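The first residue of the sequence shown is numbered 1, and numbering continues consecutively from there. Looking at the header, which is where the method is noted, we find X-ray crystallography, 2.0 Å. Just so you know, ligand 1 is whichever comes first in the structure, and atom 1 is the first atom listed for that ligand. Keep in mind that the numbers below use all heavy atoms, side chains included, and drop hydrogens, waters and symmetry copies.
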Amino acid sequence: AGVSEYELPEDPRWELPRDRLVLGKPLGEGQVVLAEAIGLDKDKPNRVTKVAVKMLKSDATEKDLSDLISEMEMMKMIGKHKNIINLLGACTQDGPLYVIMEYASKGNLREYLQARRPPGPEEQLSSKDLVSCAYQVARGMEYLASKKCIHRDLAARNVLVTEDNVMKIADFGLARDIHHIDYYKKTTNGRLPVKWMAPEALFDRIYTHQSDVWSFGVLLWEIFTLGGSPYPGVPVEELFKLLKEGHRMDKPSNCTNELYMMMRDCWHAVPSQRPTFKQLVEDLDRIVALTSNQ
Ligand SMILES: CN1CCN(c2ccc3[nH]c(-c4c(N)c5c(F)cccc5[nH]c4=O)nc3c2)CC1
Ligand SMILES: [Cl-]
Ligand SMILES: [Cl-]
């Protein structure tokens, strides 16, 4: 097929033999599939680990390859954290590139939240559990900011949830060209990504840790609305006009004034005035401690 024009250098720190990998069902679309890995840890060769594997489609170009490589190398550099999707290994030699990453069995946080809305098929979440989820997501972002990583698309759809209900930030290492970002393309739930972007990111294409903090304000809103859709019915130009006039979303029905205040602070018009992720981690810690299970 032409796969591939260049040569991939080997990296013994991360390489896994291809036959140690037992590929399973598609998880999403580069496409990500569930797989079983035999002997991921080279001191325990007879255990399988469920993992997710990212790979190129048959249609891919040298550019897609380069992008996937960039994400893998960024992930090597950023190192490990409980609340991000971690690099586990890679198959780079003698065949298609496979990037092996942590598997989150309950899927993305948006659907996870929606599936637990009171009926009108699992159980409802307590206030404490919602705040704990915000807290975990903030800890992940604080780790990434400390490693000088700007996410640029933080949203519930890019938070994954493990078997053990651990929140893990995903897709922080993607290489995208913000200038070819089409404001009109929609997500696969049908929503417009532009609704998570800070105004200076939106209008001026300036991406900072402060604009990530704006996005985290929107994610908080998602959490306390149980996976609700920001600015429903609103198209891109009307959104621009809302933001230019200083509109901010209403306080979700079940949500304390302290948490809504946290949201509004994340949405400060002056970026320097927004809290940092470190501050959010401390505030959410205290609030988790003061929130009832019941
Ligand atoms: C009934 N249940 C619904 C939720 N279920 C589910 C659905 C989709 C899912 N995608 C991932 C997943 C990624 N998409 C992913 C990535 F795109 C990059 C890096 C790591 C990744 N890890 C993942 O674990 N997990 C999923 C679980 C399992 C079945
Ligand atoms: Cl590490
Ligand atoms: Cl979404």
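The chain forming the most contacts with ligand 1 in this entry appears in UniProt as Fibroblast growth factor receptor 1. Looking at ligand 1, one finds the drug dovitinib. For atom 27 (C) of dovitinib (ligand 1), the protein comes within 4.0 Å by at least one heavy atom. Dovitinib (ligand 1) does not have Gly28 within reach: every non-hydrogen atom of the residue lies 4.0 Å or more from it. For atom 18 (C) of dovitinib (ligand 1), the nearest non-hydrogen atom from the set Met75, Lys106, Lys168, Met101 comes from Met101. Shown here, atom 1 (C) of dovitinib (ligand 1) is out of close reach of the protein: none of its heavy atoms lies under 4.0 Å off.
The protein atom (non-hydrogen) at minimum distance from atom 15 (C) of dovitinib (ligand 1) is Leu160 CD1, 3.6 Å. Most of the residues of chain A within contact distance of dovitinib (ligand 1) belong to the UniProt domain Protein kinase. Among protein heavy atoms, atom 17 (F) of dovitinib (ligand 1) sits closest to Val32 CG2, 3.6 Å. Shortest heavy-atom distance from dovitinib (ligand 1) to a UniProt active-site residue of chain A, with the residue named, rounded to 1 Å: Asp153, 11 Å. Near dovitinib (ligand 1), within 4.0 Å on a heavy-atom basis, the structure shows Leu27, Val32, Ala52, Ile85, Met101, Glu102, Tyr103, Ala104, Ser105, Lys106, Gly107, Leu160.
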Could you list each nitrogen or oxygen of dovitinib (ligand 1) that sits under 3.5 Å from a protein nitrogen or oxygen, with the atom names and the distance?
unit_1               : atom_1 : unit_2 : atom_2 : d
dovitinib (ligand 1) : 5 (N)  : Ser105 : O      : 3.4
dovitinib (ligand 1) : 22 (N) : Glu102 : O      : 3.0
dovitinib (ligand 1) : 24 (O) : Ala104 : N      : 2.5
dovitinib (ligand 1) : 24 (O) : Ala104 : O      : 3.2
dovitinib (ligand 1) : 25 (N) : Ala104 : O      : 2.8

